[PDB]
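To start, the structure under review is shown below, and the notes come after it.
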Amino acid sequence: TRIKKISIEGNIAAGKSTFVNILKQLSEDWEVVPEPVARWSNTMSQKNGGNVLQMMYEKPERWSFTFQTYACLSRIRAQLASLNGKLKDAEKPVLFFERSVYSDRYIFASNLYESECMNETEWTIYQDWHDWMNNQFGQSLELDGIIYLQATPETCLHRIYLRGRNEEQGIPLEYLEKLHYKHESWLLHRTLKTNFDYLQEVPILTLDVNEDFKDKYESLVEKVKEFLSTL
Amino acid sequence: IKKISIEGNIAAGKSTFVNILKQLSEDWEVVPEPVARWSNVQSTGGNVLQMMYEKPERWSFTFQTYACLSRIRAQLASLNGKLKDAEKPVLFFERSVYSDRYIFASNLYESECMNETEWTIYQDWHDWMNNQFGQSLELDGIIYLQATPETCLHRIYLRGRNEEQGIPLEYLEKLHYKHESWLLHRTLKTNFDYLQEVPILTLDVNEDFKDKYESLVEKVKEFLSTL
Ligand SMILES: Cc1ccc(NC(=O)c2ccc(CN3CCN(C)CC3)cc2)cc1Nc1nc(-c2cccnc2)cs1
Ligand SMILES: O=c1ccn([C@@H]2O[C@H](COP(=O)(O)OP(=O)(O)O)[C@@H](O)[C@H]2O)c(=O)[nH]1
Ligand SMILES: O=c1ccn([C@@H]2O[C@H](COP(=O)(O)OP(=O)(O)O)[C@@H](O)[C@H]2O)c(=O)[nH]1
Ligand SMILES: Nc1ccn([C@H]2C[C@H](O)[C@@H](COP(=O)(O)O)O2)c(=O)n1
C-alpha cells in the first residue's frame, strides 16, 4: 500500500508508549497503532484480554499458549483495521505499530516456550498457527522499516518501578536481560533467523532511549524523520 | 462447487457413508475431518486429541482452536481442488465449522472444561476466522446422520479407537441432543444468520448400512436435485 508501516520495538518499559504518544501529537500524517497487550494493562475484546493477562500473571505455564494466540490475533485484527484509517486519502502516510507480529513469536513467545511455560505440542500449535495467519494476509502487514528503542535492562527495571503496575514489580532483572539479548540478536547484530525472509533486508534505526527522552525528544524525532526519507 | 456438510454424533457413520458416496461417482469428492492431524501434531507425537480426553479442563481450548483452524485450512484447500474442472461438482465436508462451535466447543464450555475467558476467546476467534478466511465455506445443504447415543457408544467400541474408548453415555447423549436442537428441532440460534434456511437431509443410520446402503443413496440423490 501507499501507507508505509514502521515497527516500534524494545524491552518492557523501555519507552515505547511514551514515544508513540510523542509521535501521535506531532502534526504529520502519522497514525500509531498500540499494542493490544498494553491495552490490557489497565469493550468486547478487553474483557477477554484483561482476564487472560490476569490469568497469565497468576499461572504462566497454563495460560502462555492461550495468551500468546489471543495477543497475535488481537494484533493482526488491529493492524489491518488501521490500514483502512484516514491515512489512505493522506499525503505521506506512515503507520507506526507498538511492537510487531515478529516480536511476539521470536522474542516473547519464544522466551515463554524456552521458560517451560508452553509445552512442545503447545509451541508446535502456536508456530504452525502464527506461520499460517501471517502467510494468509500478504504485503498488507509487511514492515517498511523498524525503530529499535534500545535501553539497558536496568533502565527498564527502574521504568517498570516508575510505571507502578504492581503485577510487574515482581519482574526480575534477569528476565529483562534475557529479553534485551533476544532484541539485540535480532535488531542489532541481526544473528536471529526468522521464518519471514523479507525481514533480513529491512532498515533499522537504533535510538538510545536510556536518558529520559520524555521532555528532551526533538533529537530522536529528527533521527526518525531522516530515517523515514531513506524508505 | 456445491458444498455439503455431513453431520452426526461420534461413530454415527459419517466416514463410512461419506466413502460410499465418494466411490459412486466422479465430480463428488470428500473433505474428511482431520482426526489424525489432531492425533499427530506437526507443522503443516503430540496427540492433542488424547491430551484433550486426558484432561479437558486444561486442553479443550487448545484443542477446539487447532481442530477448527486445521479444518478451515483443509476445507479451503479442497475448494482449489480438481472438482472445479468437472460438471455437477459436489464436495462433501465431514462435519463443519458450525459443528466445531455450536456442538463440541459449546458443550465443553457448558461442561466446565472451558472457563468463560477461554469460551469468549474461542467465539471471538471463530467469529473473526469465519468472517475473514471462511467467507467462501458457506454450506449449500447439510446431511444429518441421526443415530441414538446408544448406537454411537456401540460403534465407538466396534471402531476400537483408544483415544475415545473412555467416552461415557452422558457425553454422547449431550451431543445427540445438540445435533437434534440444531438440525431437527431447529432452535440452536447461531451468529451466522443464513444458516436458518439451509436444507437438511436427516437419515436414520441406526440399522447398519455397510452393505444395506441402497435406500440412503436414493434419498441423497433426490436431496442434491433440490440444490
Ligand atoms: C504478563 C506476564 C506476566 C507474568 C509472566 N510470567 C513470567 O514471566 C514467568 C513467571 C514465572 C516463570 C517461572 N515458571 C514457573 C513454573 N514453571 C512451570 C516454569 C517456570 C516463568 C515466566 C508472563 C507474562 N507474559 C508476558 N507477555 C508479554 C507479551 C508482550 C507482547 C506480546 N506478547 C507477550 C510480555 S510479558
Ligand atoms: O524517557 C522515558 C520513557 C518512559 N518513562 C516512563 O517509564 C514508564 C515505562 O515507559 P512506557 O510507558 O513507555 O513503557 P513501554 O511501552 O516501553 O513498555 C512509564 O511510566 C513512562 O512514563 C519515562 O519516565 N521516561
Ligand atoms: O453403518 C455403519 C457405519 C459405521 N459402522 C462402524 O462405526 C464405526 C465408526 O464409523 P465412522 O468412522 O464412519 O463414523 P463417524 O465417527 O465418522 O461418524 C466403525 O468402526 C464402523 O465400522 C458400522 O458398524 N455400521
Ligand atoms: N470439533 C470437534 C470435532 C470432533 N471432535 C472429536 C470427537 C471424537 O473423538 C472425534 C470424532 O471423529 P469422527 O467422527 O470424524 O470419526 O473428533 C471434537 O472433539 N471436536
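Every chain is numbered from 1 and lettered A, B, ... according to where its sequence line falls, protein lines coming before strand lines. Method of determination (from the header): X-ray crystallography, 3.2 Å. Atoms considered below: every heavy atom in the structure, side chains included; atoms not considered: hydrogens, waters and symmetry mates. Note that ligands are numbered from 1 as they come in the structure, with each ligand's atoms numbered from 1 the same way.
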What is the PDB name of the drug at ligand 1? masitinib
Looking at contacts alone, what is the main macromolecule next to masitinib, by its name in UniProt? Deoxycytidine kinase
Name every other chain with any non-hydrogen atom less than 4.0 Å from masitinib. A
Which residues make up the contact shell of masitinib at 4.0 Å, heavy atoms only? A:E35, A:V37, A:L53, A:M56, A:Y57, A:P60, A:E61, A:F67, A:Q68, A:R99, A:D104, A:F108, A:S115, A:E116, A:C117, A:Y175
Substrate-binding residues (UniProt) of chain A within 4.0 Å of masitinib, heavy-atom distance: A:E35, A:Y57, A:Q68, A:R99, A:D104
Measured between non-hydrogen atoms, which UniProt active-site residue of chain A is closest to masitinib, and how many Å apart, rounded to a whole number? A:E98, 8 Å
